[PDB]
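Entry featuring 8-chloroadenosine.
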Amino acid sequence: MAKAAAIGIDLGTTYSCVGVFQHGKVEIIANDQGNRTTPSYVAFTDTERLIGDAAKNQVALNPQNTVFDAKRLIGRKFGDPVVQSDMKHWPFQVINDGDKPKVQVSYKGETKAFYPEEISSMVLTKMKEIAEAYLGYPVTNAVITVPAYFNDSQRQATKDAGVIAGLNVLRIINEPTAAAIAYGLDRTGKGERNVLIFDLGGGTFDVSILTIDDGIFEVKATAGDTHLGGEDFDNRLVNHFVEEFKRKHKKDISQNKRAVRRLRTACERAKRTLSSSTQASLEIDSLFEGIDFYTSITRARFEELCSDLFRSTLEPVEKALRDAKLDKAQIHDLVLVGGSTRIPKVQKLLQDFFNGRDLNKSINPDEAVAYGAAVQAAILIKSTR
Ligand SMILES: Nc1ncnc2c1nc(Cl)n2[C@@H]1O[C@H](CO)[C@@H](O)[C@H]1O
């Protein structure tokens with residue numbers, strides 16, 4: 001029953017996803033709001049602790065006590081230059097507890113501090129409860145994914161987050177390996193198969209090159225930009241609309257925190273529409289000083305606004321190929337991961353760079369990692385019996 005069942009969890013920097021392999025198919029499980037991915041956010045309020053969508057939805061009202069980006073801290077020392085650099089950009093407090101970072105918040109009127117693995121365990125507990133509500137019984141066996149560049153300390157702290165969350169961690173697997181499993185790229189028989197995984201998420205960009213030799217995975221190269229993702233494209237749309245509002249009304253809105261956040265969420269929505277329509281409409285009632293902001297933008301203008309950022313995704317692709325010592329024609333498969341890879345210009349740039357090659361994109365890119373993790377979790381729990 002429950003003992004023979006296992007889930008696959010993609011514990012992402014900005015979003016998390018849970019899947020289950022049963023009756024010959026993967027089911028990506030929707031949360032209680034009907035969403036197939038859940039924000040990796042934890043909010044501490046005057047009455048309760050919120051996780052996911054509810055935590056993300058009140059971030060503007062409670063920024064000091066809404067934790068996100070815990071994956072940037074997990075398994076790291078406080079003194080680590082990555083931690084010191086990131087801390088300057090977060091609205092929540094990060095404290096030092098014996099060279100270990102803790103996030104410090106106000107919860108039910110009291111000061112509380114949490115280890116990054118405790119924050120990640122709350123996200124994991126939510127994913128576990130989403131699976132349990134779908135299945136009708138508690139599932140405790142799980143495969144949890146991590147970036148291919150995570151070291152032993154980051155992998156151990158992720159497994160610790162799983163234990164705190166009440167999960168039996170069957171295995172910690174690499175995100176690009178889970179994505180290659182999702183597409184069945186490890187079941188092509190004999191001979192070395194070179195796979196490039198292009199992973200463009202909400203806040204990070206990762207390029208991974210794997211060799212699959214008779215079912216055995218080997219990471220040949222990892223490249224990317226830890227501070228490039230979908231939110232930089234939302235911000236480019238924000239700056240455009242702030243300049244358009246100034247041209248139409250002779251009013252600078254950039255200082256009104258509420259106006260900027262409402263414009264930001266509308267821009268994120270319009271950006272998603274631009275992946276399947278050649279135009280998107282913004283409809284903001286009373287954006288600033290009672291002025292409605294009803295406008296539109298073409299996919300062509302959006303592509304111009306992010307042009308330099310889209311083109312920058314090809315430098316880590318070239319870098320990964322040189323580190324792996326492979327030419328473009330030596331790569332057998334190209335896999336898309338992350339919601340941002342739905343952007344047609346991004347697909348066109350990658351396809352042209354690989355001389356007109358087909359891309360593996362039939363599995364929802366923001367779900368491919370949980371999909372593969374779910375497949376692996378089913379194989380592993382069957383072998384355990
Ligand atoms: N249809 C889409 N077109 C463009 N961007 C998208 C799309 N879907 C998602 Cl999710 N994202 C973005 O992916 C990230 C999460 O993986 C977020 O930045 C989200 O906006």
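Counting from 1, the numbers follow the sequence of the chain as shown. Computed from heavy atoms alone, side chains included, the values below leave out hydrogens, waters and symmetry copies. Start at 1 and go down the list; that is how both ligands and their atoms are numbered.
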Please name the chain that forms the largest contact set with 8-chloroadenosine, as given in the PDB entry. Heat shock 70 kDa protein 1A
Okay, next thing: residues with a heavy atom within 4.0 Å of 8-chloroadenosine - which are they? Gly202, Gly230, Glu268, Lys271, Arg272, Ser275, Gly339, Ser340, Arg342, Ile343, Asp366
Within the 4.0 Å heavy-atom shell around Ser275, which atoms of 8-chloroadenosine are there? 1 (N), 2 (C), 3 (N), 4 (C)
Using a strict cut-off of 4.0 Å, indicate which atoms of 8-chloroadenosine neighbour a heavy atom of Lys271. 5 (N), 18 (O), 19 (C), 20 (O)
Just distances here: any N/O of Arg342 and N/O of 8-chloroadenosine closer than 3.5 Å? yes
When you compare 8-chloroadenosine with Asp234, is there at least one nitrogen or oxygen pair between them that comes in under 3.5 angstrom? no
Help me out: UniProt ATP-binding residues in chain A, which have a heavy atom under 4.0 Å from 8-chloroadenosine? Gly202, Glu268, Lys271, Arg272, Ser275, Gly339, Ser340, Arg342
Taking distance alone, with no angle check, do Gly201 and 8-chloroadenosine share an N/O pair under 3.5 Å? no
So, regarding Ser340 and 8-chloroadenosine (criterion: nitrogen or oxygen to nitrogen or oxygen, under 3.5 Å), is there a contact or not? yes
Please tabulate, one line per pair, the protein N or O atoms found under 3.5 Å from any N or O atom of 8-chloroadenosine, giving the distance to one decimal.
| unit_1 | atom_1 | unit_2 | atom_2 | d |
| --- | --- | --- | --- | --- |
| 8-chloroadenosine | 3 (N) | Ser275 | OG | 2.7 |
| 8-chloroadenosine | 8 (N) | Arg342 | NH1 | 3.1 |
| 8-chloroadenosine | 13 (O) | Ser340 | N | 3.2 |
| 8-chloroadenosine | 16 (O) | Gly339 | N | 3.1 |
| 8-chloroadenosine | 18 (O) | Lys271 | NZ | 3.4 |
| 8-chloroadenosine | 20 (O) | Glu268 | OE2 | 2.7 |
| 8-chloroadenosine | 20 (O) | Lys271 | NZ | 2.9 |

